[PDB]
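Here the structure is laid out as structure tokens; the discussion comes afterwards.
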Amino acid sequence: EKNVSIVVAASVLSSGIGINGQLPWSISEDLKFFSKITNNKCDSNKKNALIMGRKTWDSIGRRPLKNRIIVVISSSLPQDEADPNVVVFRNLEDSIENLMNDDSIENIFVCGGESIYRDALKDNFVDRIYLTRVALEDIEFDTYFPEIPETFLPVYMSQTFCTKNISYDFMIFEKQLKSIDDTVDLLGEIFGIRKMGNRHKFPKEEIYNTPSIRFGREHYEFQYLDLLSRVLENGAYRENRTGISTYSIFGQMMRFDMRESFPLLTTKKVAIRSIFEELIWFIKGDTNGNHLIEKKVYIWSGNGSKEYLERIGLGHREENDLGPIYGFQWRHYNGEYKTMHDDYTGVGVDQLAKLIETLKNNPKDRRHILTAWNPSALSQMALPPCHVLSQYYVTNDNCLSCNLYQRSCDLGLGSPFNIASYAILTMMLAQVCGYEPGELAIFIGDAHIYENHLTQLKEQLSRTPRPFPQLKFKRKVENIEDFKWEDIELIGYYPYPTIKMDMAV
Amino acid sequence: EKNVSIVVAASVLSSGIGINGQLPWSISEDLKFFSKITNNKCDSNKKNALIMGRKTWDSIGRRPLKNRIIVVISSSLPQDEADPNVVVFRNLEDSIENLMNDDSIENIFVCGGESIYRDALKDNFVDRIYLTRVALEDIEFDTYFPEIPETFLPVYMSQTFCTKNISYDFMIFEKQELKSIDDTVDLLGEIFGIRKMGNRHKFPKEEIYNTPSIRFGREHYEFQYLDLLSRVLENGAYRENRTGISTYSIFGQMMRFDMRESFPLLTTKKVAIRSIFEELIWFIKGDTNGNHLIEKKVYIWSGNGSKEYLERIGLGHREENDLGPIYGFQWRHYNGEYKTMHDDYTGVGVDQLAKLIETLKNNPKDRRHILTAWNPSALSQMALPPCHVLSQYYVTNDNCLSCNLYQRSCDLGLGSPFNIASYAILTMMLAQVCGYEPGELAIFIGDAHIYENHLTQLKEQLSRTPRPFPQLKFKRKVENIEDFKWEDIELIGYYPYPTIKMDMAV
Ligand SMILES: NC(=O)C1=CN([C@@H]2O[C@H](COP(=O)(O)OP(=O)(O)OC[C@H]3O[C@@H](n4cnc5c(N)ncnc54)[C@H](OP(=O)(O)O)[C@@H]3O)[C@@H](O)[C@H]2O)C=CC1
Ligand SMILES: NC(=O)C1=CN([C@@H]2O[C@H](COP(=O)(O)OP(=O)(O)OC[C@H]3O[C@@H](n4cnc5c(N)ncnc54)[C@H](OP(=O)(O)O)[C@@H]3O)[C@@H](O)[C@H]2O)C=CC1
Ligand SMILES: CN(Cc1cnc2nc(N)nc(N)c2n1)c1ccc(C(=O)N[C@@H](CCC(=O)O)C(=O)O)cc1
Ligand SMILES: CN(Cc1cnc2nc(N)nc(N)c2n1)c1ccc(C(=O)N[C@@H](CCC(=O)O)C(=O)O)cc1
Ligand SMILES: NC(=O)c1ccc(C(=O)O)c(NC(=O)c2ccc(Cc3c[nH]c4nc(N)[nH]c(=O)c34)cc2)c1
Ligand SMILES: NC(=O)c1ccc(C(=O)O)c(NC(=O)c2ccc(Cc3c[nH]c4nc(N)[nH]c(=O)c34)cc2)c1
Ligand SMILES: O=c1[nH]c(=O)n([C@H]2C[C@H](O)[C@@H](COP(=O)(O)O)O2)cc1F
Ligand SMILES: O=c1[nH]c(=O)n([C@H]2C[C@H](O)[C@@H](COP(=O)(O)O)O2)cc1F
């Protein structure tokens with residue numbers, strides 16, 4: 001009685017694993033993972049057994065795998081005894097004799113074959129599942145990994161990795177002291193909200209995304225879903241300037257890798273083009289909302305209407321003249337603002353240009369900072385800056401990381417946009433300055449969920465995350481303002497359906 | 001064979017537990033903790049046994065404790081059989097008969113007596129220790145808890161709690177003698193190098209981890225600082241900076257501290273709290289004259305305000321200690337045209353602090369309570385660009401004031417404890433002026449680094465197990481935030497480890 005694990009690499013949506021007798025992809029790291037997971041053993045005087053079908057045995061050239069024993073399921077292959085590293089059985093059931101006798105076999109791996117997978121899961125021989133989720137779906141398959149039965153639950157989901165612009169994930173499925181916890185519970189019974197742990201309660205299972213993954217929430221999309229869960233658990237019900245009240249907490253953070261993937265949420269289709277258009281609108285220094293409306297981007301329409309402007313005391317302002325906001329403090333900080341039609345070339349401090357110059361002239365400098373919080377101009381703005389401050393860091397291996405402090409975070413609408421936007425901005429700065437993308441950390445003050453999003457976000461929490469996509473630039477620009485939407489290629493983005501959520505004005 | 005736990009409340013330094021036959025303090029929550037930990041059982045048809053000495057039995061009025069069975073060790077008390085809730089034994093060894101027979105006893109607690117504690121530890125009967133550390137040392141004791149033997153290791157240390165301005169901690173000591181996920185993660189980290197982000201944030205090795213036996217119970221929020229030190233020592237890249245002293249640096253970290261039940265002043269090192277207050281009130285008043293700090297015997301800004309340093313950074317025209325428009329000039333006169341430190345700036349610039357107070361007490365649920373010091377127009381005029389760059393403030397529904405701080409650059413040896421204590425004091429001042437209670441303090445850090453001439457010192461600091469945080473109280477309620485004086489601050493129950501000298505990088 002020992003352990004049996006399926007090892008498979010399947011596509012993310014349709015679970016395709018093969019085409020015309022070979023693999024539909026070439027990922028070296030996935031083969032290295034197969035090797036290390038099938039060689040992983042405890043007793044040096046024992047070997048592991050790798051069960052595979054006959055066509056799979058043909059796929060690997062009919063040659064043995066070093067240090068392991070291959071078990072081929074075939075009804076026609078001659079039961080040869082010459083090779084002690086390869087043995088043939090007439091059916092999968094008889095081949096499980098590695099359990100009964102043969103104490104020199106430590107662990108068993110079901111290594112390939114749609115038929116082998118299917119009748120190993122149907123016969124309930126499988127204890128564990130090592131699944132490599134590959135983000136390739138618009139290709140041809142003829143062999144599929146069967147659907148994982150409900151008796152299995154996921155216990156691990158790795159970060160997204162990238163090979164040849166292909167995103168992939170690693171997941172584990174499993175078939176399914178107290179004294180410290182008791183003392184903490186007693187202290188939390190004695191002290192009420194006086195104990196800070198009671199103010200940061202762990203989210204209940206009903207609001208926790210994929211709860212069976214307890215210790216292996218490595219995929220960095222969990223940094224967003226778990227913040228959603230924390231707000232749902234501990235969020236105080238509070239009113240704000242809009243008619244829609246929120247559930248709010250104060251002081252949170254999220255980390256995202258940008259070396260091996262692009263942090264665009266997969267549990268919901270995100271409008272990446274509107275994000276890019278808003279970001280390039282910021283970079284060019286523009287505050288004219290009509291330039292966004294003309295490009296079919298309407299995210300600033302609510303905060304730039306005649307009624308809203310007259311209500312907040314800017315009735316003199318033109319229709320979509322948002323005032324000195326993001327991109328006017330970026331390029332013309334402390335500049336005397338008049339209208340959106342005037343020429344501001346030369347006035348104010350160009351934070352972006354000085355930032356680029358310092359990033360490529362003094363990388364280890366600790367002052368790479370871009371701010372939008374200008375107390376002298378807050379009254380002239382249609383909306384004070386939400387993503388308030390950002391800092392940039394050049395690693396010793398020439399990667400560019402970004403920190404963002406955001407004073408107020410609409411988790412339903414604003415947060416995915418902010419994640420993708422500052423990811424794109426860090427990538428642009430890295431290309432312009434000759435670096436690679438690093439990490440993205442977002443520090444949040446008032447993180448809140450609007451009450452008219454509760455149905456939506458909870459729905460989003462029911463969807464198990466998929467591996468992040470990749471984002472590449474088609475050309476190397478000479479100035480950061482020259483980026484165009486056609487220059488951006490989004491590779492391997494297979495999200496869940498769109499979740500409509502109304503904005504609070 | 002069942003579990004045996006000592007339960008004791010002792011002072012933080014000398015381990016005093018009694019005086020003149022009674023307790024040297026009155027902490028209700030600690031008695032409630034004793035009750036809940038001695039009543040905690042699994043079988044409803046069983047009871048717990050509480051072993052105590054005879055003088056201890058006199059201290060509690062010689063009356064039984066509800067739902068439990070008291071075991072009194074005495075050589076003269078009559079072995080009465082009338083009370084089934086109290087039983088007497090002639091020695092501690094015979095009283096351990098609860099193990100051999102009496103299956104109605106689930107757990108055993110050694111509940112008091114210096115002699116009982118001492119010969120229960122000497123006889124090696126004790127499995128666990130529940131210790132309440134009380135921060136009271138300048139009083140008289142006649143009864144002490146014996147030294148914890150080396151066979152015990154701490155596994156839990158709670159946050160600091162406050163009762164009647166007295167700080168205390170809860171700790172657990174234990175006597176000592178799935179893997180699939182870990183193996184898969186290790187294999188992925190072998191395949192991918194620094195390509196796997198986990199390998200860029202490696203868990204600190206035991207040799208640089210403060211009190212390593214506390215694995216799952218690092219609740220004391222001083223661990224938020226020591227663990228950041230450890231993370232920098234583990235993953236910090238060796239980097240040069242504008243000073244001659246290189247650092248080990250990482251990017252993107254955070255620390256949380258409670259301010260409702262304690263004051264986050266580090267205990268693993270004696271911190272100059274007076275200099276912190278003086279610098280903070282110097283900021284609040286709008287002052288940029290370093291001589292005003294030097295006159296009060298505070299020399300933290302001398303290095304960045306010398307004639308040589310000013311001439312070196314291009315401010316040779318500037319007077320000796322004229323630091324320029326820095327912290328407290330952007331607070332009170334933001335975007336104001338700076339001349340010298342002697343001129344009158346009353347009215348010029350934006351008074352961020354005043355508007356912050358007005359908005360905090362007029363619109364508490366507003367999401368724009370922000371104080372910034374990063375002014376790109378004035379960076380060149382500053383003797384040093386702002387480190388604690390931006391701060392935001394939040395009013396909870398229960399009328400508490402919490403603070404978030406983004407800090408672009410963090411000297412963990414010198415600057416970080418000062419920043420923690422300083423923004424704690426500032427949040428408390430704002431809370432008193434606006435009529436709230438102190439809440440939480442979160443610090444978000446960009447370049448968190450350790451200067452290489454601090455490595456020995458901080459390592460020394462990492463060898464010291466943290467003590468409970470002290471309390472900080474104000475003696476009077478001021479009418480304006482600028483009226484705070486050093487005499488107005490009372491620091492109660494601060495018993496730190498000795499000072500660790502560390503030189504500043506200019
Ligand atoms: N992405 C991944 O992880 C993997 C992908 N693949 C891909 O999948 C494809 C091959 O898999 P697949 O098409 O399913 O072929 P198989 O690997 O399952 O091999 C099938 C053969 O196994 C024997 N066999 C299967 N079931 C039985 C049974 N119940 N009794 C007796 N013999 C049996 C038969 O051999 P016989 O005809 O001699 O009787 C059968 O022809 C290839 O493209 C391969 O590259 C393969 C492995 C892993
Ligand atoms: N902070 C805390 O957690 C606690 C503090 N305390 C404090 O400590 C003080 C009292 O404790 P303490 O002074 O140590 O007195 P004790 O509680 O240890 O009681 C001592 C008595 O126990 C009996 N005894 C002890 N050892 C033996 C033995 N080997 N054989 C027979 N009898 C024995 C003797 O009783 P006899 O003379 O009858 O033979 C002895 O006089 C009080 O101030 C109390 O408030 C008490 C409990 C807990
Ligand atoms: C059966 N098969 C197809 C194949 C391809 N990718 C997979 N990926 C996964 N996650 N799981 C599988 N079962 C799997 N199977 C295989 C099996 C082994 C090798 C192989 O060459 N293995 C070498 C790998 C050498 C190296 O890259 O280090 C080894 O030593 O195990 C190739 C294809
Ligand atoms: C022996 N003793 C002194 C005393 C005081 N503080 C301590 N604190 C600790 N952590 N551990 C001790 N052994 C301890 N002992 C005691 C024991 C019980 C009670 C007592 O009144 N217990 C009630 C608690 C009453 C309450 O609700 O406050 C109970 O139900 O157990 C008081 C003093
Ligand atoms: N289903 C989806 O998740 C989804 C699909 C499509 C879009 C799309 O715009 O294409 C979308 N995003 C928005 O509507 C949207 C709107 C505005 C801002 C930024 C902002 C400016 N002022 C704001 N004031 C408040 N209260 N809150 C905000 O967020 C913003 C960011 C995003 C969401
Ligand atoms: N560690 C101890 O035990 C200890 C004991 C006593 C004192 C004391 O001054 O009494 C002390 N603090 C300082 O020396 C000190 C000095 C300066 C600043 C702020 C600052 C301004 N410019 C800085 N440039 C750099 N690189 N780094 C800084 O921190 C600062 C804060 C603190 C530490
Ligand atoms: O980039 C943005 N990110 C964001 O989260 N908001 C949300 C935050 C808040 O829910 C709302 C307005 O913030 P406040 O009402 O505090 O002024 O806009 C707006 C943006 F433009
Ligand atoms: O309040 C302060 N906090 C702080 O951490 N420093 C340290 C951070 C850094 O080690 C040094 C100079 O920062 P920088 O070289 O990035 O300008 O001052 C200075 C302060 F005044």
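The sequence lines fix the lettering, A, B, ..., with proteins before strands; numbering per chain opens at 1. Atom set for the values below is all heavy atoms of this structure, side chains included, hydrogens, waters and symmetry mates excluded. Atoms within a ligand are numbered from 1 in the order they appear, just like the ligands themselves.
- In this PDB structure, the PDB entry names the chief binding partner of ligand 3 as Bifunctional dihydrofolate reductase-thymidylate synthase.
- The name given to the drug at ligand 3 is methotrexate.
- Using a 4.0 Å cut-off on heavy atoms, the other chains next to methotrexate (ligand 3) are A.
- In the deposit, the organism given as the source of chain A is Cryptosporidium hominis.
- With a non-hydrogen cut-off of 4.0 Å, the residues around methotrexate (ligand 3) amount to A:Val7, A:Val8, A:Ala9, A:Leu23, A:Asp30, A:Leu31, A:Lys32, A:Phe34, A:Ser35, A:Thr56, A:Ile60, A:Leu65, A:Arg68, A:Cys111, A:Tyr117, A:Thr132.
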